[PDB]
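This file shows hemagglutinin complexed with CR6261.
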Amino acid sequence: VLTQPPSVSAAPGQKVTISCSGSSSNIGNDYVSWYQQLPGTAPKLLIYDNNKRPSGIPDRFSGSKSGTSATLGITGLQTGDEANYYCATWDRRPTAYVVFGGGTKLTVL
Amino acid sequence: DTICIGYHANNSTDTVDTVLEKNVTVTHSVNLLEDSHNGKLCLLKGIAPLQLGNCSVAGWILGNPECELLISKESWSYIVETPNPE
Amino acid sequence: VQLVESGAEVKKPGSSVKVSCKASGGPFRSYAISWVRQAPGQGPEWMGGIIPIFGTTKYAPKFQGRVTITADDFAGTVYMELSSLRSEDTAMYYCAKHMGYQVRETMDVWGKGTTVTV
Amino acid sequence: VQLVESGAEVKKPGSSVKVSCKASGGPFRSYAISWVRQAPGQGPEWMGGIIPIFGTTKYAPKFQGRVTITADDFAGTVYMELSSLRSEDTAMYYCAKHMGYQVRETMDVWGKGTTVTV
Amino acid sequence: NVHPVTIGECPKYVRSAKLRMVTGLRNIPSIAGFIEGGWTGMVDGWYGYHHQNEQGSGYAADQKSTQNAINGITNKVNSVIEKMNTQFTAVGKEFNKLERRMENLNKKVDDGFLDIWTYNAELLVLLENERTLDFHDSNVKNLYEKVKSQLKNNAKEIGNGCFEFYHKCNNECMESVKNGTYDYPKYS
Amino acid sequence: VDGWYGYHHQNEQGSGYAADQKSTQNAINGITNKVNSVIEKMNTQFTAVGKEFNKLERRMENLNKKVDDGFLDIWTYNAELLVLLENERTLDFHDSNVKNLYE
Ligand SMILES: *[C@@H]1O[C@H](CO)[C@@H](O)[C@H](O)[C@H]1NC(C)=O
Ligand SMILES: *[C@@H]1O[C@H](CO)[C@@H](O)[C@H](O)[C@H]1NC(C)=O
Ligand SMILES: *[C@@H]1O[C@H](CO)[C@@H](O)[C@H](O)[C@H]1NC(C)=O
C-alpha cells in the first residue's frame with residue numbers, strides 16, 4: 001500500500017507538498033499518478049508519468065519522485081483547491097493490480 | 001548478448017478468405033453476419049401486436065361473426081396474419 | 001468521450017447485481033476499461049479491467065472469484081456482474097478509461113457513477 | 001478433383017476422333033494435363049500434355065503430327081483430336097493431372113477412361 | 001440472412017453464408033526471430049523482442065507499435081460498420097389476377113437490390129482482408145529495420161531476425177535498445 | 001521460356017538460362033485464385049424480356065425504363081472498376097515476387 005499524511009493545511013497563496021512512501025515493489029519500480037477528488041464528483045487526474053500534466057491542468061501543480069517517495073506540489077493556493085488527493089501506482093509481483101493511496105485532506109485557511 | 005524480433009501466436013482456429021488465398025488461419029477476427037432467431041412472436045418495445053387468427057383483413061374490418069374477440073383491441077405495433085385464413 | 005452507467009439498484013444480501021457502462025463514439029475502442037468503487041467515508045478501490053481486441057480480463061485479489069467483467073463490442077457496452085452481496089458492498093461504482101490498450105495506474109476519463117445499496 | 005471423359009466411339013479407318021476431359025472445381029487450373037492410352041494386353045503410352053497460363057503443348061515423337069491437344073479455360077475443358085486412324089489405335093484413353101504446372105513423370109489423379117475402337 | 005421481411009431496427013439482409021473480418025496476424029506457431037514463425041510465449045502484444053544476456057532471458061512486447069496497429073484496425077472496422085446503414089420496416093405488397101406486370105416489376109426491383117448489396121458486402125470483406133495482413137507484415141519489417149539502424153557495427157546480423165552483440169551489455173543495454181535511446185559511442 | 005522468374009549462370013563449363021520452379025508455382029496459384037474469384041462473384045443471366053403498355057400507361061412504362069437503365073449503369077460501373085483495380089495489384093505482385101527472389 002501507499003502511505004500519505006492524513007491531513008495538511010496552509011494559508012492561501014502558499015506552497016504545499018504532499019508525500020507518500022510505498023515500497024520497492026509499488027513505487028520503486030513503477031510510475032506514480034496523482035488524482036484530485038472534490039465532494040460529489042468523480043476523481044480528476046492531475047499528474048501522470050510522474051511529472052506530466054494533462055491538457056487543462058494549471059502550471060501550479062507539479063510532481064516528482066525520488067527513490068521510494070513521491071511528492072505533489074501545489075502553489076498559489078485558492079479557496080477552490082480544498083479536496084482529497086490520492087496517489088496511485090501499478091503494483092506488480094504476485095498478481096499485478098492498481099493500488100491507490102490512503103488519501104490526504106487539504107484544508108485551506 | 002542476443003536480441004530477436006518477433007510476433008504473436010496462439011491456438012485459435014478461425015479462418016478468413018482472401019482474393020489470392022482461401023482458408024487462412026488467423027489469431028483474431030470478428031463475425032459480421034447474424035443467422036439465429038428465437039422462433040416466437042414477441043413484443044416490440046413493450047407494445048403487443050394484433051393477431052387475427054382465423055380471420056383475414058376483410059373479416060376483421062367487416063365484422064365477421066367469428067371475429068368478435070378482435071373488436072376490443074384498438075392499438076397495436078404490427079399485424080400478424082395466418083397463411084391461409086378461413 | 002463520455003461514459004454513462006446504468007441506474008441505481010437496491011439488492012438483498014446473497015443476491016447478485018449486473019451493471020453496464022456505455023461509451024460514446026465508434027462501437028470499437030482502442031483503450032482498456034476499468035471498474036472502480038468507493039464506499040462512503042473511504043477511498044477508491046480498483047476491481048478489475050478489460051482489454052480491447054485481445055479480450056484479456058484482469059481482477060483484484062480481494063475481488064477475485066466474485067466479479068465477472070464482459071464486453072459487447074458491436075453495441076459498445078461493458079458489463080460487470082457481482083455476486084454474494086454483503087452489507088459492505090454498499091458503494092458508488094465508476095467505469096473509467098485508460099489512454100492505452102493496457103490496464104495501468106493512469107485513468108483520464110471517469111463516469112458519473114451509480115450507487116449499489118444492500 | 002475429378003476428371004470425366006466423354007463417351008465411347010466407334011470409328012472407321014482413315015477417320016478422325018475428338019475426345020474431351022472435364023475437370024471439377026474452378027474453370028482455371030494451376031496444373032498441367034496429359035493424355036495417356038493403353039491397348040489391351042499392353043502397357044500405357046504417353047501421348048502429350050498441355051500447360052496452364054503459358055499454353056505450351058508437348059507431344060511424343062511416335063504421335064507427333066497426328067494428334068492435337070487444345071484447351072478451353074472458361075468452361076474448364078481439354079480436347080484431344082486424333083487423325084489417320086488405323087487398326088492399332090483401338091485402345092482405352094485417360095486424362096491425367098500433374099501436381100505442378102509442368103509436364104513431368106508423376107501424375108496423381110487419373111480419369112475413368114474411354115474406349116476408341118476402329 | 002434470416003428473412004427479407006423485417007419490422008423494427010434490423011440488420012441488412014444478404015444472401016451470404018460467411019462474412020468474417022480479420023483483425024490479427026497469420027497463425028504460424030513455430031529461439032529465433034520472425035523469419036521462422038510466431039511466439040506463443042509473447043501474450044501482451046502483437047510485436048516484441050526476446051532478449052538473452054548474462055542475467056537471464058525473456059520476452060517483452062513493444063507497446064508503441066501495437067498501439068498504432070490497434071488504432072488503425074479499430075478505425076477500419078468502425079468505418080466499415082458506419083458505411084452500412086440499418087434496415088427499417090419493409091414488408092411486401094399484394095396484387096390481384098389482372099396485375100401481373102406490376103408484381104413482376106416489384107419482384108425485379110427487390111431481386112436487383114438484393115444482388116447488388118450482396119456483391120458489395122462480399123467484395124468489401126474480401127478486399128480488406130488482404131490489406132490487413134499486408135499492414136501487419138509492413139509493421140514487423142519496420143520494427144526490424146528500426147532496430148537494425150541503431151546498432152551499426154557493434155552487432156552481427158545472423159539472418160533470422162536476431163542480432164548478436166560484439167560487446168557485453170547488461171539489462172540496462174537491453175532496456176535502452178528496446179527504448180530508442182542507445183549510446184553507440186559509449187560501446188564503440 | 002519455361003517460367004516467369006529465373007537465373008542465368010556463367011562459369012568455366014559454360015553458360016545458360018534456368019527457371020525457378022518454386023516461385024512461379026505460387027505466382028500461378030495466386031493468379032488462378034484471383035481469376036476464379038472474379039468469375040465466381042458474377043452470376044449468369046437468365047431469361048429477361050420486355051413488357052408492353054397501352055397509351056394510358058405511360059408512367060408505368062417510364063418507371064420500367066428507369067429501373068432497367070439504373071441497373072445497367074450500376075453493373076457497368078462495377079465491372080469496369082473491378083478490372084481497373086485488379087490490373088494494378090497484379091503488376092505490383094509480380095514486382096514484389098522478383099524483388100523477394102533477388103533478396
Ligand atoms: C488453447 O486455447 C484454449 C481456449 O480456447 C485454452 O485452453 C488456451 O488458451 C490454449 N491452451 C493451449 C495449451 O494452447
Ligand atoms: C382458428 O382455426 C382453427 C382451425 O384449425 C381453430 O381450431 C381455432 O380455434 C381458430 N381460432 C384460433 C384463435 O386459432
Ligand atoms: C528509457 O527511456 C526513458 C524515456 O524515453 C528514460 O527516462 C529512461 O532513462 C530510458 N532507460 C534507459 C535504460 O536508458
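Every chain is numbered from 1, with letters handed out A, B, ... down the list of sequences. The analysis underlying the following values was restricted to heavy atoms, covering all of them including side chains, and did not include hydrogens, waters or symmetry mates. Header entry for method reads electron microscopy, 2.6 Å. We show just part of the entry here, counting contacts only within that part.
To find every copy of CR6261, look at chains A, C and D.
At a heavy-atom cut-off of 4.5 Å, other chains contacting CR6261 (chains A and C): B, E.
For chain E, the nearby part of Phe74(C) is the side chain; its heavy atoms alone come within less than 4.5 Å. Heavy-atom distances place no part of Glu82(E) under 4.5 Å from chain C (CR6261), backbone and side chain included. Of the chains in CR6261 (chains A and C), the maximum number of non-hydrogen pairs under 4.5 Å with chain E is reached by chain C. Ranked by heavy-atom pairs shorter than 4.5 Å toward chain C (CR6261), the options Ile70(E), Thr66(E), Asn78(E) are led by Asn78(E). Looking at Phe54(C), the atoms closer than 4.5 Å to chain E (heavy atoms on both sides) all sit in the side chain, from C-beta outward. The following residues of chain E sit within 4.5 Å of CR6261 (chains A and C) (heavy atoms only): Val43(E), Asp44(E), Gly45(E), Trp46(E), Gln63(E), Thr66(E), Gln67(E), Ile70(E), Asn71(E), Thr74(E), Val77(E), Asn78(E), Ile81(E). Paratope of CR6261 (chains A and C) on chain E, heavy atoms closer than 4.5 Å: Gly26(C), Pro27(C), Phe28(C), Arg29(C), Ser30(C), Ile53(C), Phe54(C), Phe74(C), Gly100(C), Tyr101(C), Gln102(C). Under the naming in the PDB entry, the designation for chain A is CR6261 Fab light chain.
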